[PDB]
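Opening notes on sulindac bound to Aldo-keto reductase family 1 member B10.
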Amino acid sequence: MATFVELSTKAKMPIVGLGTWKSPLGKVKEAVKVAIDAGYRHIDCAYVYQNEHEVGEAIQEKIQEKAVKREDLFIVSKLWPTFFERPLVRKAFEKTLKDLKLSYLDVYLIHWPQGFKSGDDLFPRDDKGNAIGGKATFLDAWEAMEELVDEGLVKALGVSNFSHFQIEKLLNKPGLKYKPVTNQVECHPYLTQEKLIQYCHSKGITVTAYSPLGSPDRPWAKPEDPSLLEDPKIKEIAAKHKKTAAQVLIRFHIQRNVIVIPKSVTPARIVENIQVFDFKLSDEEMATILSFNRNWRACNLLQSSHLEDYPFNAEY
Ligand SMILES: NC(=O)c1ccc[n+]([C@@H]2O[C@H](COP(=O)([O-])OP(=O)(O)OC[C@H]3O[C@@H](n4cnc5c(N)ncnc54)[C@H](OP(=O)(O)O)[C@@H]3O)[C@@H](O)[C@H]2O)c1
Ligand SMILES: CC1=C(CC(=O)O)c2cc(F)ccc2/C1=C\c1ccc([S@@](C)=O)cc1
């Protein structure tokens, strides 16, 4: 059975969710439909993925067809940092919610802590491709997002790609109404996030692991980049359980009580990826996997590294 991680709000967040970044139009609706049929309840979405309108169609279909009730779904989206100015937070949210055809979101995340130039150019950049910053901050954004929770449009807020310093800046903000329920960050055996997970858990903040398979189809991959799915040592552990590497990579997070959101539009893989509750990695296997840490990021966003709130300069 597909288990949950309890949030600070007492809401139950399904521990495996479906990722939707780069899920193409014409495939993402079917991906969400297959996922819901396979027992997924948690779907991870974003404004910047530009496919929320199709995700919304799929969700609406399955609810209509009595496959699932809204209350049993757990829908997450994210505020892109070109929308940190107060009026833009509301407008960006309204587009996300309208696209998803929902009356509320379960969690709404700040997608990245660093502010970008405000507006509807999602990737404002210079000639070299470096991100253009904006003066509105994640605290400005949070302020506007808190209204959504007051109004019942969002059940809980969270953050993504925040370091512990940025989470501290948020938690210690005088006059804070709502606390983040999760920090969605890259996490897998090459980036085990031990210090950040410990920190977040100590503050009652869950962690959601993105790119758990190493994001093998990311547009900026470099052939010398490591490959988790083909890693002989990961494969060895998979073989031990007669499971696939992907299932080991997903189960890894489950055993750390970390939510994990593998992306697929392939029905067989969508099913495979949630077949992770009928085996257990041994204490020794978990220790071996943790030892693979390389501090390697598939998502380092180097093009924003000059910005004030770029999160990856800190140790954690
Ligand atoms: N907050 C953030 O900044 C942030 C950053 C990155 C990602 N995310 C979220 O996290 C989700 C997951 O991360 P991700 O999409 O970067 O990468 P990922 O889930 O690590 O890997 C996805 C890739 O692996 C393939 N795949 C999926 N299941 C497989 C399996 N069982 N065997 C072999 N290959 C498999 C997929 O192929 P097919 O789709 O062709 O099947 C796709 O190419 C995203 O979709 C997004 O929702 C958030
Ligand atoms: C890491 C990353 C993700 C993954 C995710 O959030 O799920 C992503 C998703 C999108 F729909 C668009 C951009 C990004 C992205 C980094 C990024 C890439 C190029 C630019 S501009 C420089 O071309 C800016 C940022």
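Heads up, chain A uses the PDB entry numbers, so what you see runs 1-316. Atoms within each ligand, like the ligands themselves, are counted from 1 in listed order.
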Next on the checklist: I'm trying to find sulindac in this model - which chains or ligands should I check?
Outcome noted: ligand 2
Checklist entry - Less than 4.0 Å between atom 14 (C) of sulindac and some protein heavy atom, yes or no? => result no
Item to check | Close approach of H111 to sulindac, heavy atoms, under 4.0 angstrom | outcome: yes
Checklist entry - Which of the NADP(+)-binding residues UniProt records for chain A come closer than 4.0 Å to sulindac, counting heavy atoms only? => result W21
Next on the checklist: Could you check whether any heavy atom of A131 sits closer than 4.0 Å to an atom of sulindac, since that is the contact criterion I want to use?
Outcome noted: no
Item to check | Heavy-atom nearest UniProt active-site residue: chain A, sulindac | outcome: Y49, 2 Å
Item to check | Nearest neighbour in protein (non-hydrogen) for atom 5 (C) of sulindac | outcome: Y49 OH, 3.2 Å
Item to check | Any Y210 heavy atom less than 4.0 Å from sulindac | outcome: no
Checklist entry - Which residues in chain A does UniProt mark as substrate-binding that also have a heavy atom less than 4.0 Å from sulindac? => result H111
Item to check | sulindac: binding-site residues, heavy-atom cut-off 4.0 Å | outcome: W21, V48, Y49, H111, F123, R125, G129, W220, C299, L301, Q303
As a test of reading the model: which N/O atoms of the protein lie under 3.5 Å from N/O atoms of sulindac, and at what distance?
from, atom 1, to, atom 2, distance (Å)
sulindac, 6 (O), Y49, OH, 3.3
sulindac, 6 (O), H111, NE2, 2.7
sulindac, 7 (O), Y49, OH, 2.4

